[PDB]
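Tozasertib:Aurora kinase B-A complex.
Each chain is given a letter, A onward, matching its sequence line's place in the list. The PDB entry numbering applies to chain A: residues 87-357, in that order. Residues 798-840, in that order, are what chain B shows, numbered as in the PDB entry. Per the header of the entry, the method used was X-ray crystallography, 1.9 Å. Just follow the structure's listing: the first ligand is 1, and inside any ligand the first atom is 1. Basis for what follows: all heavy atoms, side chains included, without hydrogens, waters or symmetry-related copies.
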Amino acid sequence: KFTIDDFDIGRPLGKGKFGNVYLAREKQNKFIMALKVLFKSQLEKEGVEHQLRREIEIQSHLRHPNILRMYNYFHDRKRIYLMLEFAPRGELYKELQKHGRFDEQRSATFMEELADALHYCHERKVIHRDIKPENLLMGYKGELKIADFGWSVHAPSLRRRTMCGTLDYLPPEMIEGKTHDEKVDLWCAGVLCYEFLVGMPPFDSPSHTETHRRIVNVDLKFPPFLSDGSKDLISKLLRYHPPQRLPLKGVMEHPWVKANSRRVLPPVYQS
Amino acid sequence: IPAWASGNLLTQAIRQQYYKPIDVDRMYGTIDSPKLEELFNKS
Ligand SMILES: Cc1cc(Nc2cc(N3CCN(C)CC3)nc(Sc3ccc(NC(=O)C4CC4)cc3)n2)[nH]n1
């Protein structure tokens, strides 16, 4: 098992509510990763122990080029340490804010990567439930990495009831108090594509009840600068009825995605 | 901040890692992990 002394600590990458993330180098392989450090007493006081256990259980069993890898984890007297893949280009949300909006090539590439990662999850009956820019990181070549699994669930048989995620990204079925399934991630993917291309989510409103109202009416108003292809894809994802939403394989196969994505798979080991 | 964790020393190491990926499954995924049950218990 690992110990904190097995790592050179480089610098803090981000502050957290329960502990910081550090750029770290594993000493024996001189391998650069991120170390998320969590305080045991703070987690216990806040009563989020089973919550954290669930996030670790899900993320540590996922292996996909577009999902941030959790290599392993360890603990000592006071701290829990998560050994995470380092995403050299950082937060996707920072990049979106910096540019205002992404061009079609950038957005289509992200969408292919997202759809592939989400397909991998759904194949395993994992629903993410909180796809938004803030939960995505970027790799060495700008590849999307799903980073955060805080609202995620393994749902093999039972439909779900928990209202979760983020206001602007909530699907109609969550707002209306219906049961939901994996198709919530299809909805969020459509909101994400819109936000990528426009720089604001589609149902943006001054109040939570107006936002709710716009979502359940699917009050989608496309800006004039969007291509027909991008609107086609967004429209096919943002369907009121979950069963009518374009499947993830359908996103990957969509002609706008095919025509615009410049997705590159990272090099793999390497026998 | 140590030398390795900034500038082009970092850039260089990061590039090398992308193009020459190690066997993380073997190197890290095979190494023992604490039981999730034990994570809030004695270390
Ligand atoms: C965990 C992680 C983070 C990274 N990469 C980075 C990289 C980064 N950078 C600073 C800004 N430059 C322009 C790019 C590099 N800043 C952060 S700040 C930050 C901190 C934490 C998280 N993510 C999480 O804690 C996920 C696990 C829930 C994302 C970004 N994270 N690799 N792995």
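- With a cut-off of 4.0 Å on heavy atoms, the other chains touching tozasertib are A.
- Of the protein's non-hydrogen atoms, A/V107 CG2, 3.7 Å is the one closest to atom 21 (C) of tozasertib.
- In terms of protein heavy atoms, atom 3 (C) of tozasertib is closest to A/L223 CD1, 3.6 Å.
- Residue contact check for tozasertib: A/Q145 places no non-hydrogen atom closer than 4.0 Å to it.
- For chain A, the UniProt active-site residue nearest to tozasertib, measured heavy atom to heavy atom and given to 1 Å, is A/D216, 10 Å.
- Counting protein heavy atoms only, atom 15 (C) of tozasertib is closest to A/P174 O, 3.2 Å.
- Atom 31 (N) of tozasertib has A/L99 CB, 4.1 Å as its closest protein atom, hydrogens excluded (heavy atom only).
- Every atom of tozasertib is numbered from 1 in the order shown, and the set under 4.0 Å from a heavy atom of A/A120 is 2 (C), 33 (N).
- The UniProt domain of chain A that supplies most contacts to tozasertib is Protein kinase.
- In this structure, atom 10 (C) of tozasertib is not in close contact with the protein, since no protein heavy atom lies within 4.0 Å of it.
- Taking every heavy atom of A/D234 and a limit of under 4.0 angstrom, the matching atoms of tozasertib come to 28 (C).
- When only non-hydrogen protein atoms are considered, atom 19 (C) of tozasertib lies nearest to A/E177 OE2, 3.5 Å.
- When each atom of tozasertib is checked for a heavy atom of A/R175 under 4.0 Å away, the hits are 14 (C).
- With respect to atom 8 (C) of tozasertib, the closest heavy atom belonging to the protein is A/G176 CA, 3.8 Å.
- Annotation: atom 4 (C) of tozasertib to nearest protein heavy atom, A/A173 N, 3.7 Å.
- Result for chain A: of the UniProt ATP-binding residues, tozasertib comes within 4.0 Å (heavy atoms) of A/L99, A/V107, A/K122.
- In this structure, atom 28 (C) of tozasertib lies nearest to the protein heavy atom A/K122 NZ, 3.2 Å.
- The binding site of tozasertib, defined by non-hydrogen atoms within 4.0 Å, is formed by A/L99, A/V107, A/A120, A/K122, A/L170, A/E171, A/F172, A/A173, A/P174, A/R175, A/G176, A/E177, A/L223, A/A233, A/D234.
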For tozasertib, what N or O to protein N or O distances fall under 3.5 Å?
residue: tozasertib; atom: 5 (N); partner: A/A173; partner atom: O; Å: 2.9
residue: tozasertib; atom: 25 (O); partner: A/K122; partner atom: NZ; Å: 3.0
residue: tozasertib; atom: 32 (N); partner: A/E171; partner atom: O; Å: 3.4
residue: tozasertib; atom: 32 (N); partner: A/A173; partner atom: N; Å: 2.8
residue: tozasertib; atom: 33 (N); partner: A/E171; partner atom: O; Å: 3.0

